[PDB]
Novice: 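Dropping a structure here in structure tokens format, bear with me for questions.
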Amino acid sequence: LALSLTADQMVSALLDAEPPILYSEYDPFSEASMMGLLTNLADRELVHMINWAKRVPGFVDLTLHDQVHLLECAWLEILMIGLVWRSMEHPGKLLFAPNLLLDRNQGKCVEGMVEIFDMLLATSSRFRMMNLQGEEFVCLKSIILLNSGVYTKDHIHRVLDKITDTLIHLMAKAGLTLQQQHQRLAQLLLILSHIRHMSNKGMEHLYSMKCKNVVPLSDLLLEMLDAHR
Amino acid sequence: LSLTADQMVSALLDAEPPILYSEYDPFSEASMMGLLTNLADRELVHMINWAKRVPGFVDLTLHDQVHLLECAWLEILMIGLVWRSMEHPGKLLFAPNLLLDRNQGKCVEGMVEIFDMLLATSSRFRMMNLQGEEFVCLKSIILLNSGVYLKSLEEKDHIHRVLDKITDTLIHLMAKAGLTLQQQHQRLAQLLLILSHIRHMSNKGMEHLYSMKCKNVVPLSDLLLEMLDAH
Amino acid sequence: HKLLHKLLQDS
Amino acid sequence: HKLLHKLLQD
Ligand SMILES: C[C@]12CC[C@@H]3c4ccc(O)cc4CC[C@H]3[C@@H]1CC[C@@H]2O
Ligand SMILES: C[C@]12CC[C@@H]3c4ccc(O)cc4CC[C@H]3[C@@H]1CC[C@@H]2O
């Protein structure tokens, strides 16, 4: 399906595959209670992410083991790019959930966390200045799903070409010049390098939390974490 | 900035660091890491030189320049390696006298997975048929991009401006090669998405290297140590 | 196979 | 500063 869709039809399919914004179990902070809240939430979103991924055109065509490999590789990038998108209207703050809007000061409650907070806030700031659109956001999110572990295949790259066609088409439709289109595409795609960075840091931190026995992790969360070894 | 697309490629081509050598002399973990880190230390000195010649870079403050380099150093080393390795499938050309396949990665704990990744990236280059012109653009994009995320604003702008110029340059190269507009924007993306994987490989090597320092497997230069320490 | 594998195929 | 700062400056 993915390869023969018009760019408008690809946008729509991605838009109606979107998982909902969930809520936190919220309600003082401690390092244990904050990691608890964030991992409870992460685990619940992961179940929706599994269902969202199964509604991404092109993802549905892959083998089960390729699907798994890619979800494992990209799961935290994906949580992170959602978090950032959510946090656009809330500068200086991170909207993990509508009832869990955290600032920099609150990130300090957990050891090693504030550095990742700052990166996420910078990413969210970058999207705000670029005036990122939702249609661009869902394109980006699906690029991550298909791209991040694609080197860890021809079909995957063709679907990626399709999503590139789709981003451009949106930019063109919004009145941008050819030069502005390819520049903005580059800008968007270069941010994924930073999102990959933020993921590998987040992955190390979570692993440090498990090792220090800060928080108990569900099996799902422990499997995703374990795929990064 | 006031250079043509062709002058941009010229400038970057003329600033390329040399391909360095290792020693000519059944690897231990110590011997290979000694050789690999000695080479990286020697490549870094040249890399600092090369960065000053990436258009728009020296117009940044020293603090920023330092930051970007600390951020990117391993990524730059890696893409360079991957580019040297392109015509040598199954192998990594660290130096013309140090061609290592994946098995030899097993000589150091945790290394062969990094080898596999690097080998996967060189394949991708070979499938795409990456051109030298394209490569030096990507290397320069890595330098400016990796560490960028009130006057601070004015500096960021400048970097994004230079980045925009390299994107135009990449597109110009594809346009000249005769690629349709669709193929141009597809290739640009394929090129840029690889940068994500290089970030990943870099983060892994950084951690691998820090472990090696911790083990005292190998002596590291003050420079290589401070770049490691920067992360 | 992991818990993930089922979750993904049945979901 | 750092070693890198001087190498870049010089
Ligand atoms: C993985 C962490 C817990 C879960 C966090 C989360 C939880 C939910 C979510 O939507 C996004 C993120 C991004 C940051 C993640 C954190 C970074 C470090 C921490 O261990
Ligand atoms: C940094 C490491 C040693 C130096 C290696 C190197 C050394 C020189 C070079 O041009 C590229 C690379 C890439 C991989 C690097 C290695 C990855 C892990 C190892 O710690």
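Chains are designated A, B, ... according to the position of each sequence line. Numbering, chain A: per the PDB entry, residues 306-332, 336-460, 472-548 in sequence. Throughout, chain B uses the PDB entry numbering, with the displayed residues spanning 308-332, 336-459, 466-547 in order. Chain C uses the PDB entry numbers throughout; the residues present, in order, are 2-12. By the numbers in the PDB entry, the shown part of chain D spans 2-11. These values consider heavy atoms only, across backbone and side chains, with no hydrogens, waters or symmetry-generated copies. Atoms within a ligand are numbered from 1 in the order they appear, just like the ligands themselves.
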Novice: What is at ligand 2, out of estradiol, forodesine, flumequine, huperzine A?
Specialist: estradiol
Novice: Determine the main partner chain of estradiol (ligand 2) by heavy-atom contacts and give the name the PDB entry assigns.
Specialist: Estrogen receptor
Novice: Which other chains have one or more heavy atoms under 4.0 Å from any atom of estradiol (ligand 2)?
Specialist: B
Novice: Can you list, by chain and number, the residues with heavy atoms within 4.0 Å of estradiol (ligand 2)?
Specialist: B/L346, B/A350, B/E353, B/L387, B/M388, B/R394, B/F404, B/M421, B/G521, B/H524, B/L525
Novice: Identify every other ligand or ion with an atom closer than 4.0 Å to estradiol (ligand 2).
Specialist: none
Novice: Going by the order shown, which atoms of estradiol (ligand 2) are within less than 4.0 Å of some heavy atom of B/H524?
Specialist: 18 (C), 19 (C), 20 (O)
Novice: Which of the numbered atoms in estradiol (ligand 2) are below 4.0 angstrom from a heavy atom of B/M388?
Specialist: 13 (C)
Novice: Of all residues in chain B that touch estradiol (ligand 2), most belong to which UniProt domain?
Specialist: NR LBD
Novice: I'd like to check which estradiol (ligand 2) atoms, numbered from 1 as shown, lie under 4.0 Å from a non-hydrogen atom of B/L387.
Specialist: 10 (O), 11 (C)
Novice: Less than 3.5 Å between some nitrogen or oxygen of B/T347 and one of estradiol (ligand 2), yes or no?
Specialist: no
Novice: Provide the number and element of each atom of estradiol (ligand 2) under 4.0 Å from a heavy atom of B/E353.
Specialist: 8 (C), 9 (C), 10 (O)
Novice: Which residues carry both labels: UniProt 17beta-estradiol-binding in chain B, and heavy atom within 4.0 Å of estradiol (ligand 2)?
Specialist: B/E353, B/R394, B/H524
Novice: Using a strict 4.0 Å cut-off to heavy atoms of B/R394, name the atoms of estradiol (ligand 2) that fall inside it.
Specialist: 10 (O)
Novice: So what's the organism behind chain B, according to the entry?
Specialist: Homo sapiens
